[PDB]
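Overview of a structure with Bestatin.
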Amino acid sequence: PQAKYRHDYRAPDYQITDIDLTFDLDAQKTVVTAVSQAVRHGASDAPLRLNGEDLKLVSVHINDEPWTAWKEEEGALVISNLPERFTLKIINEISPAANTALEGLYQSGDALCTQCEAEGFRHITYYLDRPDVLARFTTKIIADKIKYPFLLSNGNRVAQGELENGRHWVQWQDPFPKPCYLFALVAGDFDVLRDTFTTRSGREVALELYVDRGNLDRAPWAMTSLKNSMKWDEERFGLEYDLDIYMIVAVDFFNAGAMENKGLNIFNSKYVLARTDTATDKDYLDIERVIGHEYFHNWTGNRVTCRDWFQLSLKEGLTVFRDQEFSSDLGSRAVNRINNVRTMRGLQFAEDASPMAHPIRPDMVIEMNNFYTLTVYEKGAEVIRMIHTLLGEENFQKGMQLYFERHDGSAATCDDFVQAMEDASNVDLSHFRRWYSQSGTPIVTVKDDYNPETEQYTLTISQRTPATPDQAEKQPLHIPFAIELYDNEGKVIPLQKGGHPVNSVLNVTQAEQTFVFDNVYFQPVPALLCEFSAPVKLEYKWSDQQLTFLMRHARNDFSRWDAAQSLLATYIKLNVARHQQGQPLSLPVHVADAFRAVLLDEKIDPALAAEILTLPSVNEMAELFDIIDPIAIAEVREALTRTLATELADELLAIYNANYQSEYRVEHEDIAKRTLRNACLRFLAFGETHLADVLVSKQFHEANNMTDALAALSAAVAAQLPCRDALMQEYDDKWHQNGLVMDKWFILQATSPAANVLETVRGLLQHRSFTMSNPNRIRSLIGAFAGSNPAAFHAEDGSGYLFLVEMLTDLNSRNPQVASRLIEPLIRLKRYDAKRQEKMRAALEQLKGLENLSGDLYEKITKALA
Ligand SMILES: CC(C)C[C@H](NC(=O)[C@@H](O)[C@H](N)Cc1ccccc1)C(=O)O
Ligand code: NA
Ligand code: NA
Ligand code: NA
Ligand code: NA
Ligand code: NA
Ligand SMILES: [Zn+2]
């Protein structure tokens with residue numbers, strides 16, 4: 001399989017302006033007829049090269065003439081000797097029922113549905129399957145009326161008929177030109193929740209959610225969130241929906257979470273269905289997120305699309321930034337920012353050090369599905385956020401307005417988006433463009449000095465980005481670096497220099513620079529890189545007392561949480577070294593005290609309290625070390641939890657009882673209290689065992705909602721409490737017919753600290769609720785084991801590696817995209833010790849030898865073995 005390179009982009013030799021599709025639908029054998037109006041832009045001898053994969057070609061006509069001047073090659077139909085404008089007609093056959101990879105047209109339970117992003121439409125018919133080719137689609141669907149009473153495609157329903165033999169048909173027309181990745185089709189039998197939203201200028205939009213029969217009672221939250229998304233995008237970005245109908249269909253078999261197909265989003269049912277006894281606060285808020293996100297693509301991705309797939313972040317980074325703003329405006333911004341920072345530092349940084357490292361705009365791709373990444377998404381968004389930080393909201397919105405004004409109806413690049421922001425704002429972003437083209441995490445080192453003679457504070461800030469596997473050359477970035485200076489009472493000290501105020505977002509543009517501040521009337525405690533103002537690693541020599549001070553006094557809630565993380569980091573590192581020498585945990589008392597103080601601050605927002613009392617995950621802890629010892633990290637996290645539980649026992653139980661809530665509400669104050677209560681529970685679970693067991697079984701049995709019940713179950717598993725087995729059995733007894741709810745149970749099993757966890761995981765491949773044919777199940781058991789039980793996955797005997805190789809040997813042929821998600825923990829081998837490396841290298845070499853090795857895995861494996 002061949003790499004493609006961004007620098008090789010060229011305008012296509014042919015365009016298609018309109019396509020009329022006919023599906024004669026059948027699970028075994030669907031016949032597709034595609035009539036496309038085309039225009040040659042290139043030279044008369046440049047043939048039309050159409051992409052196609054696993055298609056059975058039946059005929060080819062040009063202006064109704066059977067065409068003889070063509071040939072099929074690997075992945076393509078190449079057609080010669082064409083006129084400048086012509087109608088192309090292709091008839092071909094495909095087989096949805098055989099599509100296990102879930103790309104193109106496939107079967108989800110009894111339904112048929114599509115997934116076309118990125119290059120899945122070529123699995124449906126021969127086409128210019130590239131997103132710079134935009135066309136007006138009309139879609140006629142013909143099918144068995146009893147099996148497929150609902151037949152859906154993009155746009156408006158314009159025609160319909162009955163036929164003999166129990167068949168019917170419907171035709172759809174989508175008036176907005178689109179790249180084919182935005183094509184969708186769905187056929188099946190559903191319950192439909194119907195509502196409307198009226199836009200600020202008065203357009204009434206029919207809203208339709210299609211769910212499996214019986215699930216209508218789990219749909220209203222998603223409907224509500226769609227309405228909230230549409231409203232917010234009007235209030236914040238001034239953007240209105242542009243069609244008269246908005247459809248979402250929830251399907252159980254889907255590789256990703258959701259898809260923004262124009263006017264017909266297709267969603268993994270995981271991010272639609274909720275009821276208070278099946279879904280947690282977190283599920284409610286994820287559903288909010290994803291509904292929002294796909295909706296926001298309607299403009300940032302659909303009305304303006306991507307010129308080529310290397311520009312993916314233009315839509316994903318920007319649309320992530322939007323879904324974060326949405327969540328943040330509606331919920332707690334601090335909690336949003338916090339969790340988003342956890343993800344950047346604990347997962348994205350890891351990827352940006354891995355063999356798969358890439359800039360947010362990749363320069364080289366073998367399999368484009370491997371680039372739907374933390375980097376393109378999460379770091380993409382941080383890059384957009386830095387633009388926001390440099391421009392301020394008002395110029396940023398001007399920038400958005402120019403972007404649309406210029407590019408509505410077309411396919412754009414990252415550089416276009418940057419240029420619009422620069423032209424509207426008058427802020428120069430030529431240096432800043434470097435963030436699109438350079439991989440890896442910059443490291444920013446800060447040194448300070450206070451001069452009591454001059455009342456000056458001097459910061460010397462330096463930056464470097466270490467080389468990455470993909471890039472030997474690195475250069476300085478334009479880093480927005482926000483600071484605040486605190487005096488000894490915790491008040492902010494005005495930043496100024498030579499009589500004049502100074503913006504507190506510093507422009508760190510060089511390898512090294514000095515900034516001098518005047519009238520600093522006391523030696524300051526600095527808050528640095530406030531709000532995570534740039535996606536960088538900060539190197540500064542805090543004292544513990546600076547950090548506890550910031551925990552008490554910092555103006556932004558983010559800086560308080562962040563300071564607590566810097567406090568813990570030190571002692572996490574200490575205790576990992578200790579663990580490797582067989583020593584128990586050591587923690588100075590004033591650390592426990594900072595946490596006690598948080599527990600008892602009556603004025604702190606319980607949302608914030610709760611995040612501070614949520615210890616860094618093992619993945620966040622991993623990023624503190626050059627070489628990861630996953631066992632020591634895990635055991636230290638446990639011991640820290642044990643220590644704090646013991647030291648803060650009375651306080652924890654007090655706060656636990658005080659945040660009791662009789663009523664269950666999906667409301668931000670209630671969620672916050674409850675998130676704090678269950679954080680308290682989690683520590684208590686690791687205290688005195690009799691009390692722990694009582695508390696946890698009691699919460700599980702008395703919970704009136706899944707959030708409280710799952711937090712108990714999860715604590716029973718984590719702390720291996722006596723009630724554990726009985727509670728897990730009850731959950732299975734009650735919930736086994738429900739895959740989505742079971743996924744929770746599988747994750748708990750897979751991430752158990754128990755000694756025989758691997759053995760249990762293997763057994764669960766045969767569980768009544770598991771199947772290898774559903775990505776959700778695969779991800780919830782196997783993926784959670786490899787990615788989220790690093791202590792077991794990295795067992796010194798290598799049994800974790802072998803187990804994954806077995807699973808990937810199946811998935812490489814069944815569903816390579818899920819395979820490629822799942823291989824990721826293996827391609828991190830260079831972060832681990834030599835002996836684990838040798839075993840992971842051997843596993844990868846075994847996979848490299850598979851017959852019919854997929855491209856998706858080949859790309860990752862060769863990079864990892866290089
Ligand atoms: C909240 C979102 C970040 C959820 C996310 N979905 C998306 O980004 C959709 O906008 C994507 N356009 C769907 C997608 C994902 C992977 C490969 C091809 C297509 C997902 O993981 O499904
Ligand atoms: Na076109
Ligand atoms: Na899009
Ligand atoms: Na808010
Ligand atoms: Na100093
Ligand atoms: Na920190
Ligand atoms: Zn997206």
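Numbering of residues begins at 1 and proceeds along the displayed sequence. As the structure lists them, so they are numbered: ligands from 1, and atoms in each ligand from 1. When reading the values below, keep in mind they use all heavy atoms of this one structure, side chains included, and skip hydrogens, waters and symmetry mates.
In this structure, the ligands or chains belonging to Bestatin are ligand 1. The chain forming the most contacts with Bestatin in this entry appears in UniProt as Aminopeptidase N. Nearest protein heavy-atom neighbour of atom 8 (O) of Bestatin: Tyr377 OH, 2.5 Å. As for UniProt substrate-binding residues in chain A, a heavy atom under 4.0 Å from Bestatin is present in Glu117, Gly257, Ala258, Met259, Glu260. Of all atoms in Bestatin, listed by their number and element, those nearer than 4.0 Å to a heavy atom of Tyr372 are 15 (C), 16 (C), 17 (C), 18 (C), 19 (C). Near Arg289, the atoms of Bestatin lying under 4.0 angstrom from a non-hydrogen atom of the residue are 1 (C), 3 (C). For Bestatin, the nearest UniProt active-site residue in chain A, with the shortest heavy-atom distance to 1 Å, is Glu294, 3 Å. Here the protein heavy atom with the shortest distance to atom 22 (O) of Bestatin is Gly257 N, 2.5 Å. The shortest separation from a heavy atom of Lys315 to Bestatin is under 4.0 Å, placing the residue in contact. For Bestatin, other ligands and ions under 4.0 Å: ligand 7 (zinc ion). Only the side chain of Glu294 comes within contact range of Bestatin, with a heavy atom under 4.0 Å; no backbone atom does.
Within a heavy-atom distance under 4.0 Å, Bestatin reaches the following UniProt Zn(2+)-binding residues of chain A: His293, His297, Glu316. When non-hydrogen atoms are compared, Bestatin lies under 4.0 Å from the backbone of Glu117 as well as from its side chain. Residue contacts with Bestatin for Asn369 involve side-chain atoms from C-beta outward but no N, CA, C or O (heavy atoms, distance under 4.0 Å). Covalent bonding of Bestatin, as deposited, involves no chain atom. The PDB entry identifies the source organism of chain A as Escherichia coli (strain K12).
Of all protein heavy atoms, the one lying nearest to atom 13 (C) of Bestatin is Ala258 O, 3.1 Å.
Remark: Bestatin and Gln115 share no N or O pair separated by less than 3.5 Å (distance only, no angle test).
Within 4.0 Å of Bestatin on heavy-atom distance sit the residues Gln115, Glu117, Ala256, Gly257, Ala258, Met259, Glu260, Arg289, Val290, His293, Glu294, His297, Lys315, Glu316, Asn369, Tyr372, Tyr377.
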